[PDB]
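Read through the structure below, which is laid out as structure tokens, and then see the notes.
The sequence lines are lettered as chains in the order written, beginning with A. Chain A residue numbers are taken from the PDB entry; in order, the displayed residues are 4-258, 265-491, 498-542. Here chain B follows the PDB entry for its numbers: 4-258, 265-491, 498-542, in order, are the residues you see. Any value given below was found using the heavy atoms of this structure, including those in side chains, with hydrogens, waters and symmetry copies removed. Just follow the structure's listing: the first ligand is 1, and inside any ligand the first atom is 1.
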2 protein chains.
Amino acid sequence: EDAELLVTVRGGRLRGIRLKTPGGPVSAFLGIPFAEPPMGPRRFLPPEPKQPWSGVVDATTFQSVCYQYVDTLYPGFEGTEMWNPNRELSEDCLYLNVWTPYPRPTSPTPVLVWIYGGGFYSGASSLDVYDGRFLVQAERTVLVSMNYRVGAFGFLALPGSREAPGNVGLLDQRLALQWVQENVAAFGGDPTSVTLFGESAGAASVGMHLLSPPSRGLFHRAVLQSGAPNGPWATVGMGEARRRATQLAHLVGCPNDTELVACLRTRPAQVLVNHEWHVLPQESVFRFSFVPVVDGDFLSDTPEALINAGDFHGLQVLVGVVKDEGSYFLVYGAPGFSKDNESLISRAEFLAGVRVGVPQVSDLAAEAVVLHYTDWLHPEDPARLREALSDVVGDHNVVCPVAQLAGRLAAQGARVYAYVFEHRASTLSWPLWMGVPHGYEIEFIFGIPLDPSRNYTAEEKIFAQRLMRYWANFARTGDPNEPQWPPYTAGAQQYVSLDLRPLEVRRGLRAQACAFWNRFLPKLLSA
Amino acid sequence: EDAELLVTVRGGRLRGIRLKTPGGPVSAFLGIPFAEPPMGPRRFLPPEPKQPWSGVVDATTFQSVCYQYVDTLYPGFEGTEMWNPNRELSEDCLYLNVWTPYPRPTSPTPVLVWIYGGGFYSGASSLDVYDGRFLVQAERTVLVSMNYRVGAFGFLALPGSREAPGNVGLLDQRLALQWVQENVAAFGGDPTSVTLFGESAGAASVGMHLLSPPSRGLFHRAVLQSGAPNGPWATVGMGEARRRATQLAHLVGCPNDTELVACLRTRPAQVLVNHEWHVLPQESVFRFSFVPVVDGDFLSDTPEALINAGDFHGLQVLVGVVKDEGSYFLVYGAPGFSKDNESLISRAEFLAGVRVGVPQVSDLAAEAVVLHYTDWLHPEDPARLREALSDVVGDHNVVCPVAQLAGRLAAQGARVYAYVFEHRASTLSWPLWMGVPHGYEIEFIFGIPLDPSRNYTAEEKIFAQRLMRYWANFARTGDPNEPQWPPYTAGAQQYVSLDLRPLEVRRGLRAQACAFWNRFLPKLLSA
Ligand SMILES: *[C@@H]1O[C@H](CO[C@@H]2O[C@@H](C)[C@@H](O)[C@@H](O)[C@@H]2O)[C@@H](O[C@@H]2O[C@H](CO)[C@@H](O)[C@H](O)[C@H]2NC(C)=O)[C@H](O)[C@H]1NC(C)=O
Ligand SMILES: *[C@@H]1O[C@H](CO[C@@H]2O[C@@H](C)[C@@H](O)[C@@H](O)[C@@H]2O)[C@@H](O[C@@H]2O[C@H](CO)[C@@H](O)[C@H](O)[C@H]2NC(C)=O)[C@H](O)[C@H]1NC(C)=O
Ligand SMILES: COc1cc2c(cc1OC)C(=O)[C@H](CC1CCN(Cc3ccccc3)CC1)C2
Ligand SMILES: COc1cc2c(cc1OC)C(=O)[C@H](CC1CCN(Cc3ccccc3)CC1)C2
């Protein structure tokens, strides 16, 4: 046997596997249990630490994916399938993965912890696009990724109840981070240099750990890609969480909070998934039924309030967005959109699309959106309308929540670096009109282009290596730099473009659009 | 005696004067009485037709200027003095002026009728800049201009009362127009071709005659320069007119409508003028105490409603603005502004200036203004802030009311031509930062540069001749064209730039800005 692939952690012994990479081997420990399986009476409850085991746990393959909806929108299309579960679904799903250089580092090595996105309703650490093998070999880090509960299993909340307190998926993440603190040294990782990074709901997760004191001691630096805890999709208030939980019970034949959860616990996991989208109150894109709930516990206040009131001295954070954050979402409900035509919508479809992209706001707020995003010299031009609705959804859900987070953190003591990712992958299957869509920077950060079996270009490989170096520099030092990448500040608002050309420094994260969403529109909604 | 200078009109015989002009002689009949002097018991009352006289009235000089405030902001500065009364003040002021070619035309000639601006509180037909001799000689038109009551004497209203019904200044204008119908043929003018033109409050007056049926039979075309009847300064509601009238009475020692007006009729004219500005409810620029009142009589409803509900087929209209409608107004009250420095204001002064320029709106509405007019990449640049406040005032008071009117008229049957006047006069006394300010296209339309005694460049003389041709072409044919000047439409929104260069066609009268003022902001104020 190979001693490099045998590790003893606090709970017992593990057997890993040696993996090939174009640059040399790496060691991988996949499917390490970090919590007791949250099944049966355990459903909806906070995770409990995994009890010690005798013998050797086989950490040689990815474990199951947490129960979740499977996207049926374009069956067999690789653009949607790459995000779907690639292992069987199970509620017995709380496992994490460690990648380390081969042979294992003997001196403490900086740790990256990946939190996957997927709207808090989907995702898995086993997806191909999250393969940590390239980052670990090229940049000599330890990489950890964990599965955490999603959808009703992670975030159904009956606030006040002990049975379904909400946010347990976030506690799954915290438990994995405590696991890293306690065991990552056994794999050569340095528990004193832990950088959290995540995308979309994973980024929103990272931010929530920044704003929750019990988690803030489990890591040192943060990377938020295309997501933020203050996103209008990332949290729900207590009353709407209760209504969504109560409607879900009703749709599956249930029924006292205790009595309601007890009946929910009797239902097959798949039954809850089958009705998940039906508890959304209005037609929408970029909205998800079961998300973190602001209840005073995990989050003592709203993320916006917590951001505006925080001392962030000593924090370095790396944030950014893709060029077209909104386009991807339009084909899941905006009238007139399809990946298979050019989606050259009419003004009437644009107007209807605005209510789908900004659901549950006053007619006055919707008019304000139409005012800002209409070119009144070309009010009915279909191409401009398509781009404008994509900007509405992208600005409102991603860019402007990210800009607000970065502005407040910088103005309150944190060093912030900002990027816009502007390269469209040669391999992208989605239509050209979607531009650079949500999620398609991840494969470059993880160095997937280095995989020879895939058909990336030679400068795409160099680009991936640049990005891995930036990300790993930030993990090691708080500074992505080795043309220079300057910090983002509330005044100068500098960020860099990431593409095949050299770094170009630019100003303003859609500053005009984000003044509307971050400064004016809240005032309108309060009055 | 000279027969060219003798004319008989319905009220009796008139003697005029022969005027010299760089291009040839013109006949002028200045100071023709068209109403009984509205003095004593007649103050605040509708005008009464001039009773016929025996003998010959000498119409040889301008009559007195209607009682009015005199601008004291920069004493002896020609930029302010040129607008101040150049004849003694009197309530005995209801006289009009006719200019005709010498010798008198042999065939019926098109008539231009000028209505001066001055915020409805000031102005006079005698000002040097309204000298009709050049238009008449260059373009062989008949030109008429009238005095009409201003300030409290023209527009103090106690709505419902017979003693101060309001709008008598507009009835002064209407009576003069009836005089033109009955008498202009005696000067060679064609009463079937009468074109109204006016600037600022005169433009708004022209517009109100378009929307008042009794006036509509007295003219055929209209020209609105830098003003519109739907401007937020040009009308007041019944209750606010009553409150201003009542506060004016209170401030001059007056306690029943008839008893109140009777007490006011005893006060010296100058005493009413001395208190005129004190009835404005809030600190402001571009607001005037006594303006046309929406009463159900002269205006069946608000100008905005009448515009939106009217059939305008068969109407030709020429409308336009200067490049910098707002700058002039800032030195009358916006903090940090002066003609004598560069008025490089701070953000704090800008914010304060926005409430002065947009008085009596909700805090939320003010925030919406700040959002649209702040460049959030340069929120504090003094030069940009100065230009932004000027655009706020120019867009809100002039450009966007003119654009709304032009768009509605075109879409409802009228042929519309639109211009932006972009030439800054060589002789201009105001600082360079004001650009092309409110009012400074008038001297070119009237051909004042052809006066040799003045020091205009030769190119300005050519330019004035071009502009007179456009105006007279429109007056004769409804079409300024002889590069072509296309009609303005709600869709294409085409207009021409007027300066020393040839006609350049452009699109949108500040369209992004005016969507905010005309489409969104009203919805906000009602909610
Ligand atoms: C672009 O596609 C949308 C969606 O239609 C789907 O994709 C097309 C490629 C084609 O295969 C359609 O039949 C598919 O349904 C079109 O909008 C749809 O129009 C139909 C009827 O005309 C309607 O029943 C759907 O609800 C519409 N989908 C909406 C509103 O989201 C759209 O018209 C296409 N654009 C074109 C053809 O120019
Ligand atoms: C630009 O001028 C304004 C107006 O001030 C007047 O004109 C100046 C040329 C100078 O002679 C001033 O003293 C005049 O009062 C300045 O704003 C004024 O500032 C003073 C304080 O110094 C204050 O008492 C006034 O109320 C201000 N007036 C207004 C209308 O706000 C302004 O500071 C000057 N800007 C410069 C010099 O950059
Ligand atoms: C089935 O019903 C619905 C399903 C969805 C929506 C609305 C729905 O109806 C309201 C959405 O808005 C979602 C659209 C996202 C699906 C996942 N992808 C790929 C991706 C996954 C993870 C990270 C980054 C990208 C992005 C768009 C799904
Ligand atoms: C004394 O108080 C005030 C006086 C004025 C304002 C506010 C005031 O206090 C709030 C204004 O806003 C007015 C500013 C105009 C004065 C006349 N001119 C010249 C002109 C005359 C006729 C047509 C076109 C231009 C333009 C600016 C006057």
Chief binding partner for ligand 4 by contacts (from UniProt): Acetylcholinesterase
Give the PDB name of the drug at ligand 4. donepezil
Judged by heavy atoms, which other chains are less than 4.0 Å from donepezil (ligand 4)? B
Heavy atoms only: which of B:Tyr449, B:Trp439, B:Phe338, B:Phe295 is nearest to atom 15 (C) of donepezil (ligand 4)? B:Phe338
By smallest heavy-atom separation, which active-site residue listed in UniProt for chain B is closest to donepezil (ligand 4), and how many Å (rounded to 1 Å)? B:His447, 4 Å
Can you figure out which of B:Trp286, B:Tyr337, B:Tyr124 has its heavy atom closest to atom 8 (C) of donepezil (ligand 4)? B:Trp286
Among the UniProt-annotated huprine W-binding residues of chain B, which come within 4.0 Å of donepezil (ligand 4) by any heavy atom? B:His447
Less than 4.0 Å is my threshold; does some heavy atom of B:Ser293 fall inside it relative to donepezil (ligand 4)? yes
Among protein heavy atoms, which lies nearest atom 20 (C) of donepezil (ligand 4), and at what distance? B:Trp86 CD2, 3.6 Å
Close-contact set for donepezil (ligand 4) against B:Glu202 heavy atoms, below 4.0 Å: 23 (C), 24 (C)
Covalent tether of donepezil (ligand 4), if any: none
Check contact between B:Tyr72 and donepezil (ligand 4), using heavy atoms of the residue and a distance below 4.0 angstrom. yes
Specify the source organism of chain B, per the PDB record. Homo sapiens
Which of the huperzine A-binding residues UniProt records for chain B come closer than 4.0 Å to donepezil (ligand 4), counting heavy atoms only? B:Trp86, B:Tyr337
Report the binding site of donepezil (ligand 4) using a heavy-atom cut-off of 4.0 Å. B:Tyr72, B:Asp74, B:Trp86, B:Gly121, B:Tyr124, B:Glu202, B:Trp286, B:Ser293, B:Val294, B:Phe295, B:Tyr337, B:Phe338, B:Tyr341, B:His447
Please produce the table of protein N or O atoms sitting under 3.5 Å from N or O atoms belonging to donepezil (ligand 4), one pair a line, distance to 0.1 Å.
| unit_1 | atom_1 | unit_2 | atom_2 | d |
| --- | --- | --- | --- | --- |
| donepezil (ligand 4) | 12 (O) | B:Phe295 | N | 3.0 |

